[PDB]
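Here's Solute carrier family 22 member 6 with cefazolin bound to it.
Throughout, numbering of the chain's residues begins at 1 and tracks the sequence. Below, each value reflects all heavy atoms present in this structure, side chains not excepted, and no hydrogens, waters or symmetry copies. Ligands are counted one by one from 1 in listed order, and the atoms in each one are counted from 1 as well.
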Amino acid sequence: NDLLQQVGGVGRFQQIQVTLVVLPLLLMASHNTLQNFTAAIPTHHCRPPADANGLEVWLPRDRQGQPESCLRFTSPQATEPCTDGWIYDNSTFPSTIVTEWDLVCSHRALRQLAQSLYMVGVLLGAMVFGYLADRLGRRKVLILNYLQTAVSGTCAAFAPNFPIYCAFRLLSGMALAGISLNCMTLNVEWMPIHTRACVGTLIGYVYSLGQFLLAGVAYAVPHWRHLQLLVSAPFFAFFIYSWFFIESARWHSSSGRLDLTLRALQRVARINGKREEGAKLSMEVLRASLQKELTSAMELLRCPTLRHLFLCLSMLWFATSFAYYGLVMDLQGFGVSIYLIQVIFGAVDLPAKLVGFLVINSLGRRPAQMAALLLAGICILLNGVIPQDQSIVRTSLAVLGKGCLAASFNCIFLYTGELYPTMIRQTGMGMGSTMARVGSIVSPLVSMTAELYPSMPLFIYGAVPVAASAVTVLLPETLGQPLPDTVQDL
Ligand SMILES: Cc1nnc(SCC2=C(C(=O)O)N3C(=O)[C@@H](NC(=O)Cn4cnnn4)[C@H]3SC2)s1
């Protein structure tokens, strides 16, 4: 690390490359929560038979007096399945994947399946591009992922049928999971030790700012294709600017090529302008500097002490992500504009990050998790209880509960590293991030329980954070306590 200071700490290279590597995370939110728009559900009712010489004589009504989304009259007034398809409202959404290939009534769930698959890609991409980034390096893999996100995200916009769309969303989410992974690593291994913490919050705030981008881009371009394309097309640019990057000098050392560690540090010293210092640098200096440094997930499940942490922490991450996507993947039904709420959610995350930070230091870490979760679960239970007519009340509670889940994410990311000792911290935090994604796969699969009982997803998304708030009690406090190095510690 001292060397980094020798070649110029937080130098221009640390301004230029760090801006360019964080700029793609402005579209991560867009991609993850895109279907709220590209897969929005316009008011749909069945199409009559052309044989008929309006809708009054051929569509049954429900208790609201609106023409039914699943049936149509067999004779001009028995009801039948709608063989000629459906008529969708060309108002808010001119075309969506729900309108394009009919993901409605019987295929009501196929739209959630896509999100599940996208998120199956996001689970796989943390594993695949984690291993490939240790072998090929951070920069390469990032080059290949900016290419893959752009190609598969453009081929999703030009997919002729839903199965091919689901395959290209899985490839897009896999590349984006390797981007969200290796953007931090490449931005942490090039900046000094006391500024590492500032890189991880910058990344968290730039994701929150990407919601505002999604709301404005989807309002300007509602059609799903011109929307899926416009969110994916900047990744071609990303790709062409990622060549110019410099590969991690830490990766070089560990992997072995200490001799690249020399060039890497010397170029960065030429960009920072302190070339003389790097000039002083040599291989002889590198042998002694990283001498010490240069010189498994089954442990968690072998050590009873470390299991305790693991099984407790695994729920927290799971429950935080599961109820987050359970309350964010349904903009509709809040009684208000689906774009406006996307702006309000992004804007509640912001003070949430602070007020979360204040309670994290003043009352302690452990209290936070339970507080954030418990209130998140209570807010989401109240959404399933309170009637649809109270639009402003369910909007206010959902926005509070979503901000409490953003406050939980920050809290668990800090708290989990303080709970694990140095020998299993990075491994156990990577396994914690693996449980959140599992939570993102299972969340759309619980949205399909709306067909059983309309409020049953909101009851499961509200019960799981309340159950997880009691699991924070089973973990110790870590406010003002020093970072453990061994399993004996604590
Ligand atoms: C995208 C990011 N990827 N890492 C990040 S660290 C920064 C951080 C943020 C934050 O808002 O500050 N988070 C999200 O947006 C949540 N996670 C997800 O939406 C999905 N997820 C889970 N685990 N990783 N992503 C949490 S993960 C911790 S933000």
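One finds cefazolin in this model at ligand 1. Segments near cefazolin (ligand 1): of the UniProt transmembrane segments of chain A, counted from the N terminus, those with a heavy atom under 4.0 Å are 4, 5, 7, 8, 10, 11. In the deposited model, no covalent adduct of cefazolin (ligand 1) forms with a chain.
In this PDB entry, the source organism listed for chain A is Homo sapiens. Defined by non-hydrogen atoms within 4.0 Å, the binding site of cefazolin (ligand 1) is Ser180, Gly204, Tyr207, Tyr325, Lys353, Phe409, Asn410, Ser433, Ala436.
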